[PDB]
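Next up: a structure with linagliptin.
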Amino acid sequence: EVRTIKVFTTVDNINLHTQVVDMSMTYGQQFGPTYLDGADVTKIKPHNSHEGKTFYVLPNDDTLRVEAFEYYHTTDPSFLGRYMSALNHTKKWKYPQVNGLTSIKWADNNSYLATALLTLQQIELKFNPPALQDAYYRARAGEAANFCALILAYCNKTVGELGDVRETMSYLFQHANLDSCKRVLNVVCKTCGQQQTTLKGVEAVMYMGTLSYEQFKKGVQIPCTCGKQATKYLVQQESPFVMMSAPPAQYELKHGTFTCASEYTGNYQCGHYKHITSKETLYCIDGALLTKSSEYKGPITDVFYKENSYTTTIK
Ligand SMILES: CC#CCn1c(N2CCC[C@@H](N)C2)nc2c1c(=O)n(Cc1nc(C)c3ccccc3n1)c(=O)n2C
């Protein structure tokens, strides 16, 4: 016989689209790659247990091509599957409230996410893909599966993959409004004609090489091309935060001196991030785990500091 239920496809889960689907044929046969709340259903045949429901689909047509662009800000042919494949595990994670931040209960090596995520609920960033806008907001409200799958999709990391906090933040920064952000640097050797540079946007809020912000304020000897070693020093900073990164190295975090940091313990192959946040005292957040002390020595990779406006006084 002939049987057909009605369902809606969507790329953004806001704009729906009426379809009537033949209950013999798989969704793969009708819409192509299709997903139900993360589940690949391309090869399942429609249950009447599905009438009224929203499947995500690959952006096959132009209507879809434009909704997906406007919501996500990408045209990566693969973005959508990546986002559903990741959502299909993120939906099953636990996002506990830990000291009033949303964290993630450790699974599938999401250590780097929990710390990235905890960093966000802590610094002033505004996302440009409405997708992130929307998903972040639920995440703050402690509903974070979507935000997580979204980060996975924007980073081309699949659930399980080993990820790096720095690179992760590079990706989210790319999709965040930091135009007004402005860094001016100068690098002086003792006998050179000391060259200066100006950095704008993301390039202005990330530095790789030292954890210490005040250190960078005072000068950092760098592998320069002079006759001696040259000091790199920060001339001017315009931004709502800065991020200092560097390879994992034993470092001490002092209450009241930073906003937060990332500890990486292990090696390239095997290791674990943790997040330290400066509040009434030092709190160390490790997924669902919480500990406290007053001072913290340990192998740090990333330290973030609140900022707005800084002129150096060094001549
Ligand atoms: C709302 C809004 C907005 C503006 N916008 C648009 N469009 C395209 C058509 C649809 C319409 N929504 C406007 N696409 C965008 C952005 C945007 O801000 N960022 C973040 C970004 N990206 C980069 C590369 C940055 C670089 C430096 C500083 C900040 C930056 N911020 C993006 O990544 N993409 C892809």
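Following the PDB entry, chain A residues are numbered 1-315, in order. Whatever order the structure lists them in is the order used to number ligands and atoms, beginning at 1. Method reported for this entry: X-ray crystallography, 2.7 Å.
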Give, per the PDB entry, the macromolecule that holds linagliptin with the most contacts.
Non-structural protein 3
Heavy-atom shell of 4.0 Å around linagliptin
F69, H73, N128, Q174, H175, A176, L178, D179
Can you help me figure out which UniProt domain of chain A most of the residues touching linagliptin belong to?
Peptidase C16
Recorded source of chain A in the PDB:
Severe acute respiratory syndrome coronavirus 2
